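Just below is one structure, and these are the notes that go with it.
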Number of protein chains: 2
Amino acid sequence: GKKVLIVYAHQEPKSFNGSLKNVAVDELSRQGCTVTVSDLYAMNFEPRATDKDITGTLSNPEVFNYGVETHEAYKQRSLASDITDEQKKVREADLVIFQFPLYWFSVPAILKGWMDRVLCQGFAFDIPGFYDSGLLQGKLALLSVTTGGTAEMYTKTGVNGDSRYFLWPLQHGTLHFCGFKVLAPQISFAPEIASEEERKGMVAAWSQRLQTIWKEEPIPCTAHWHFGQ
Amino acid sequence: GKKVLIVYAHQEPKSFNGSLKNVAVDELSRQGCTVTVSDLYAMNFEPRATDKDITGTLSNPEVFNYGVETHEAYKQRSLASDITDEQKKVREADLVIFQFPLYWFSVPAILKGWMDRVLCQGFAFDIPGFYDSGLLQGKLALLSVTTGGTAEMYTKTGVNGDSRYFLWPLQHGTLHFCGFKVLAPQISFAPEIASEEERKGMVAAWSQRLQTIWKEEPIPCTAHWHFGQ
Ligand SMILES: Cc1cc2nc3c(=O)[nH]c(=O)nc-3n(C[C@H](O)[C@H](O)[C@H](O)COP(=O)(O)O)c2cc1C
Ligand SMILES: Cc1cc2nc3c(=O)[nH]c(=O)nc-3n(C[C@H](O)[C@H](O)[C@H](O)COP(=O)(O)O)c2cc1C
Ligand SMILES: COc1ccc2[nH]cc(CCNC(C)=O)c2c1
Ligand SMILES: COc1ccc2[nH]cc(CCNC(C)=O)c2c1
Ligand SMILES: [Zn+2]
Ligand SMILES: [Zn+2]
């Protein structure tokens, strides 16, 4: 049996991102997987890392240290319920798919906020207690990203540089750091500029890939994979 | 004369980030510069990119496209006032300093939200009108980042890889894309693990650098600068 969490960050259900999230639910549900979706915009998910993330009394109310406070709150079961609800979904998942449009070579702020607030010390990693000593080892993660720029722009000699260059903070700095095994990213280039048939083709390629997702090996999440030849 | 905008993202005024922001205000004010600070957490700055960012009739209310709607809203002067207030500060600034702790090899979500919402099409870039032709051409930008990890961890052979690797989405994908000339980053490594004297030393090195900031040349914001080869 297999459980999947899809963390989805798009405002418009009729969007191309919406279509990719819906075909992932459809395909994984067809396989008999247990599927949960965190639709961040529909949840009005809080992105800001603030003292409202800890309930009750702070370890040090005079000098607020977000990392220290959330690490202690996690251990004391005093984190805000929106964070713990997401942590329960991650803890139970075997695969976490992130579905989002690329915003400034990174995730939209609402999804950056999910990463900042949900992946706290004690839950996803400890200090020390990261990368392969991370706490989400055994779990798979996958970035399903859509872009405005064409594939050609995202080549080593292209204006944007290779698409792997922007994946480093997300795949390595975040997912690998927490102990996830990183599956190859799904990059859907320039859907708004594509034809209706080309968009249908991109959606079908993602659905087809999901049919055999449990047979994939993760990428070697190294500097060489992201920046080398 | 010169005008500086400091976009600051830290919850705690007593923090090391707070000390760096304050010494920048002190030094630039001593030089006779005009200084403005956007303290994002104190402003409870909205990070989410939503339809609340447009006040008028949407160009397409049936299928919401944030990029299209904000581009049109910028041209019509129908953007939310919190965005327009930040744009006025950026338009007037000769130098924009971003002061923040590194969160997941990137900016905290509240600051990612400032980038997503403030740097809209029509204001910060256009198509064509990006990279060396970006609309913020002639302006300088500088990232002043603090980290948990030591300098040694942020080297090519270190666990985190070189610090320049994580700068790519911010310096190139965002600042250079909008036409800014990027000054060399100020990276204050591991202040929480440092001694009180070492922290004082990092604050003084930043103040000393600011004394001659107007004499600096920008970096060559290229893939070669960030990744080598
Ligand atoms: C705030 C913002 C920032 C964006 N930044 C990028 C970027 O860095 N690179 C890129 O290729 N496209 C960028 N885009 C374009 C989106 O990635 C693109 O519109 C989206 O992936 C299309 O998918 P959708 O039709 O489902 O929205 C940006 C769009 C917005 C609104
Ligand atoms: C949500 C979160 C994510 C962080 N991610 C990183 C990271 O990617 N790399 C790093 O070296 N430190 C990371 N840190 C540690 C902070 O960068 C560090 O505590 C801060 O820069 C210290 O400055 P301050 O004392 O003024 O807060 C993170 C902290 C938090 C709370
Ligand atoms: C809440 O603190 C966080 C969150 C995510 C993180 N990624 C990297 C670090 C730096 C940790 N430094 C050492 C020496 O262990 C980190 C800290
Ligand atoms: C670094 O590339 C960026 C940064 C911000 C952006 N906002 C919107 C787009 C592209 C939107 N699609 C087209 C081709 O019009 C975009 C690209
Ligand atoms: Zn890695
Ligand atoms: Zn560049």
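Chain letters: A, B, ..., in sequence-line order. To match the PDB entry, the residue numbers of chain A are left as they are there, and the shown ones run 2-230. Chain B residue numbers are taken from the PDB entry; in order, the displayed residues are 2-230. Every number for a ligand or one of its atoms is a count from 1 in the order of the listing. All values below come from the heavy atoms of this structure, side chains included, with hydrogens, waters and symmetry mates left out.
At ligand 3, of the options melatonin, propofol, ibuprofen, tacrine, the drug present is melatonin. Most-contacted chain for melatonin (ligand 3) in this structure, per UniProt: Ribosyldihydronicotinamide dehydrogenase [quinone].
Within the structure, the other chains placing a heavy atom under 4.0 Å from melatonin (ligand 3) are, by letter, A, B.
Applying a heavy-atom cut-off of 4.0 Å to melatonin (ligand 3) picks out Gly68(A), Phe126(A), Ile128(A), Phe131(A), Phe178(A), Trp105(B), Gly149(B), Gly150(B), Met154(B). Listed by atom number, the atoms of melatonin (ligand 3) under 4.0 Å from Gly68(A) heavy atoms are 1 (C). Proximity to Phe131(A) (heavy-atom distance under 4.0 Å) selects the following atoms of melatonin (ligand 3): 15 (O). Per-residue contacts place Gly150(B) under 4.0 angstrom from the following atoms of melatonin (ligand 3) (heavy atoms of the residue considered): 10 (C), 12 (N). Scanning all protein heavy atoms for the shortest distance to atom 9 (C) of melatonin (ligand 3) gives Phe178(A) CZ, 4.0 Å.
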